Amino acid sequence: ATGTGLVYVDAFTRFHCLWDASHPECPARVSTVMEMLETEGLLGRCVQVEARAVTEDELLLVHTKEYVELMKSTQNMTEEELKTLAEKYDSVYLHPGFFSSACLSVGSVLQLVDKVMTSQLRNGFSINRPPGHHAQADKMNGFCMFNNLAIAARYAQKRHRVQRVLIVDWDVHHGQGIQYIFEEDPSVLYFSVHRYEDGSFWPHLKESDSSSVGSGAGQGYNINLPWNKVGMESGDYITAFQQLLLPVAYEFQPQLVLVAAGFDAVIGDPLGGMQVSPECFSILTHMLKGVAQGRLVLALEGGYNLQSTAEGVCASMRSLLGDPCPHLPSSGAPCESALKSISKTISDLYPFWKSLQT
Ligand SMILES: CCN(CC)Cc1ccc2cc(COC(=O)Nc3ccc(C(=O)NO)cc3)ccc2c1
Ligand SMILES: [K+]
Ligand SMILES: [K+]
Ligand SMILES: [Zn+2]
């Protein structure tokens, strides 16, 4: 009842980029996480939860039937056919086992949602690949086939009857797929902090700026925090949570929190350009446990330095398990650029959240 669930299956290693041996999204990402969780003694403290394959009806909560069928057909394609299809999307590869692994990747999150919503566990972490946060209703994107967390949010609502879900995306990239899926939906609050640099950084979208607040019934329920300088640190992230995310989260009163738990903002990542210590993620995880009765599920997104990502997962897991947060050496104060971004996001979201008004 007070336990932390962990989902991992060997199938998560059974796909890789056939035409580029240097591709950063590779099986070692999850192997190294599991090895470090074990050597740190954290794996044995978790409740191992079985994965399952997502069903078609679960996928259809987010994705179109035509897209699901096309993705299913990739399991029977030749390498040349896989490459031709992958080239129709941005930043994607395909492999004959990609679809099977992607189905287990979604299902791993759903299994944890079941355990957490029924109070059989307190919280949990899926150690899954492929990632999900860029996947869209009818498109692969950014190493993603199916939108793991968007499916999990709608599943929590349909199966477990949850009214409000908060999705917190701390991967260094903007989860535009999640934003698009819930753009008009006030029942799923999406918060993303991400490198932006005025669009210079992938995925180069105007709608990754803080002016994209959602639309229609969803106006105010999409919150982007774009960083416009590299080198952000733990104090920048903690300050963003203290000034912006936590006040809104308590006002929103979510009944489940899902985290797009990428670790490409950790120091040493080859792509992220940030300098966040792995230990920061103990604090950020702790800061999210005070809403939704602690019903908190993390799912792996990006993160490409094998050691940095494994250290970030372990730091998050220590907090899920209830270990006291470490002291961080830095003061917690944000740099000027981070403060500028936080203030601008608050300015854009002020009209929709009493907890931000001054
Ligand atoms: C020899 C020097 N190069 C190494 C090969 C450096 C280099 C740096 C950045 C590159 C960026 C792109 C654009 O494409 C993406 O960045 N894609 C992408 C990345 C991460 C995630 C993710 O983690 N999301 O959460 C999603 C999508 C393409 C090529 C690049 C090459
Ligand atoms: K993000
Ligand atoms: K939304
Ligand atoms: Zn990323």
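Throughout, residue positions are numbered sequentially from 1 according to the sequence presented. Atoms within a ligand are numbered from 1 in the order they appear, just like the ligands themselves.
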Q.
Not sure I'm reading this right - what drug is at ligand 1?
A. givinostat
Q | Name in the PDB entry of main chain bound to givinostat (ligand 1) | A | Histone deacetylase 6
Q) What residues contact givinostat (ligand 1) if the heavy-atom distance limit is 4.0 Å? A) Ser91, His133, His134, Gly142, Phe143, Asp171, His173, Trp202, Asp264, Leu271, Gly302, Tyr304
Q. So which heavy atom in the protein is nearest atom 13 (C) of givinostat (ligand 1), and how far is it from that ligand atom?
A. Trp202 CD1, 3.7 Å
Q | Taking atom 17 (N) of givinostat (ligand 1) as the reference point, the nearest protein heavy atom with its distance | A | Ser91 OG, 3.1 Å
Q: Name the closest protein heavy atom to atom 18 (C) of givinostat (ligand 1), giving the residue it belongs to and the distance to 0.1 Å.
A: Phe143 CZ, 3.6 Å
Q: Considering heavy atoms of the protein only, find what lies nearest to atom 24 (N) of givinostat (ligand 1) and give residue, atom and distance to 0.1 Å.
A: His134 NE2, 2.7 Å
Q | Identity and separation of the nearest protein heavy atom to atom 11 (C) of givinostat (ligand 1) | A | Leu271 CD2, 4.9 Å
Q) Starting from atom 20 (C) of givinostat (ligand 1), which protein heavy atom do you reach first, and at what distance in Å? A) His173 CE1, 3.2 Å
Q. Among protein heavy atoms, which lies nearest atom 23 (O) of givinostat (ligand 1), and at what distance?
A. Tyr304 OH, 2.5 Å
Q: Return only the organism name the entry records for chain A.
A: Danio rerio
